[PDB]
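Drug tusamitamab bound to macromolecule Carcinoembryonic antigen-related cell adhesion molecule 5.
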Amino acid sequence: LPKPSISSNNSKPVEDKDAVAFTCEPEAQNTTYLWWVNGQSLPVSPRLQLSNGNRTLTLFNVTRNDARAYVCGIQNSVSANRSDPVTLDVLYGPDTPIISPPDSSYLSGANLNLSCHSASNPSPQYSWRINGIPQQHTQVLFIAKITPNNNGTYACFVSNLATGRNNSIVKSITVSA
Amino acid sequence: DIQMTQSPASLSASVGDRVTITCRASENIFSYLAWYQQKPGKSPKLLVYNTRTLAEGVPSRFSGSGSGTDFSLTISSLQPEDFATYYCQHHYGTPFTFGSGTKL
Amino acid sequence: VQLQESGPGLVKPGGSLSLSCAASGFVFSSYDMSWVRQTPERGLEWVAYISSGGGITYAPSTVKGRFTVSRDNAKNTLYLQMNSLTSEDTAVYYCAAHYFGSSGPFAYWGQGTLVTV
Ligand SMILES: *[C@@H]1O[C@H](CO[C@@H]2O[C@@H](C)[C@@H](O)[C@@H](O)[C@@H]2O)[C@@H](O[C@@H]2O[C@H](CO)[C@@H](O[C@@H]3O[C@H](CO[C@H]4O[C@H](CO)[C@@H](O)[C@H](O)[C@@H]4O)[C@@H](O)[C@H](O[C@H]4O[C@H](CO)[C@@H](O)[C@H](O)[C@@H]4O)[C@@H]3O)[C@H](O)[C@H]2NC(C)=O)[C@H](O)[C@H]1NC(C)=O
Ligand SMILES: *[C@@H]1O[C@H](CO)[C@@H](O[C@@H]2O[C@H](CO)[C@@H](O)[C@H](O)[C@H]2NC(C)=O)[C@H](O)[C@H]1NC(C)=O
Ligand SMILES: *[C@@H]1O[C@H](CO)[C@@H](O[C@@H]2O[C@H](CO)[C@@H](O)[C@H](O)[C@H]2NC(C)=O)[C@H](O)[C@H]1NC(C)=O
Ligand SMILES: *[C@@H]1O[C@H](CO)[C@@H](O)[C@H](O)[C@H]1NC(C)=O
Ligand SMILES: *[C@@H]1O[C@H](CO)[C@@H](O)[C@H](O)[C@H]1NC(C)=O
Ligand SMILES: *[C@@H]1O[C@H](CO)[C@@H](O)[C@H](O)[C@H]1NC(C)=O
């Protein structure tokens, strides 16, 4: 018996806007099909639906926790056939950016080294603004040999082209001497 | 992985003629395509990044468009300076793959 | 915005070479960079990637190893190391910066250096 194969609605579904579907090839007559989810069979929940007589899988409310391996298997007396595991990639939107040096104050002459982390599925589009004027289009903002009162509000802007949503964090940095 | 194919292999046009270059991706890249213009014997230069924004104050003749698998770049007016060797790149994620290229 | 490349040049196919890329005019540390090589037959292709101050590295699926990347931000110098050269490694190499990280376009290209083996 040929090994089953799997096909999907969307190779790269997006969080909170897309819905995925799964179809396994064999579609044999007088046969029963089942689905394995990371080694677990038939998770009973309205979110996961099975239609066309245990043939098509459907998943709504796609979130970042749906990245689980799915397998379609055919159940017969001697079939014992399961498709090769397939991994799903959820294109979830960017989270709240965090600036790794959480100190709100620095010393004179300290090398400003700010790293902005967003933890999105693709690499987020990073931009840095100082007092509202764009400065760079990178993730790490580096300023060396800072001058007293060159301070202000530094903003990391994080963008995702999959969802288009914004996410900006503004932190106030000042130095006395 | 990701395969980029440029439909116009080569073409010729007169000065002041609207021209279009079309690139296609094997899989789905949302809006990450960019166009690189290379002069003969010169390094490539970036244009139309994120497929809708021009780069570094270049003239507004260039316009990128398209969503999904297919993308296009249009020049409304062609200047006496002959432009050629336009490449399309996806840079959605590693690995990065370029297009075949268009000579005009 | 100056990015000057350098390489040993023509070498024995059984040898090895080390590339270098010096930077000036902009902050080297804050910018991620990568290696793009061009051949008259195949065209343009991407052969290396580096993040800020080391860290995550990526290589093309064609060859899992045989490529090493090392950047020194204090010296503003980015180095690529290759060994076990093959007849298809003849190309012109460019070191190019990045926007927005690893998901952005290739900006600030360099003059580049040719090499054959
Ligand atoms: C600006 O900040 C950058 C990051 O800032 C970090 O976070 C803040 C909050 C502070 O805590 C700051 O101290 C942090 O560094 C900073 O970039 C960092 O630079 C250091 C070196 O100065 C890096 O340390 C090196 O780490 C590697 C780990 O290996 C990586 O790569 C492998 C292979 O890909 C992976 O498998 C690993 O998981 C790691 O991801 C070490 O191997 C390396 O060892 C060196 O030192 C030892 C002696 O201890 C020698 O024996 C070795 O030969 C090496 O020479 C370093 O320890 C650090 O990884 C890097 N951060 C990141 C996120 O990559 C940057 O330098 C700051 N300055 C500027 C101007 O940018
Ligand atoms: C994926 O399956 C669904 C149906 O099973 C289809 O796409 C969705 O169709 C519903 C029906 O109204 C829409 O509400 C959703 O917005 C659709 N999802 C999208 C557009 O992402 C379709 O048959 C399959 N393919 C795609 C691309 O959706
Ligand atoms: C703006 O510059 C003024 C300079 O008058 C800073 O005020 C004082 O600056 C000296 C030397 O830098 C420090 O020793 C004092 O502690 C500062 N006075 C304070 C903090 O009350 C001021 O800090 C700078 N930054 C601002 C106003 O945000
Ligand atoms: C996610 O679930 C909630 C409640 O279960 C529902 O209201 C919402 O419409 C779902 N999201 C999508 C995109 O359907
Ligand atoms: C799937 O098969 C089982 C047992 O045959 C049973 O639940 C039903 O007949 C089929 N459909 C669903 C939705 O379970
Ligand atoms: C939000 O969307 C994009 C960034 O992805 C940007 O063009 C737009 O100006 C942003 N709006 C804000 C930050 O208010």
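Protein chains get the first letters and strands the later ones, always in sequence-line order, with residue 1 at the start of each. We read in the header that electron microscopy, 3.1 Å was used to get this structure.
- Put simply, copies of tusamitamab show up as chains B and C.
- Of all UniProt domains in chain A, the one holding most residues touching tusamitamab is Ig-like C2-type 6.
- The chain of tusamitamab that leads in heavy-atom pairs below 4.5 Å with chain A is chain C.
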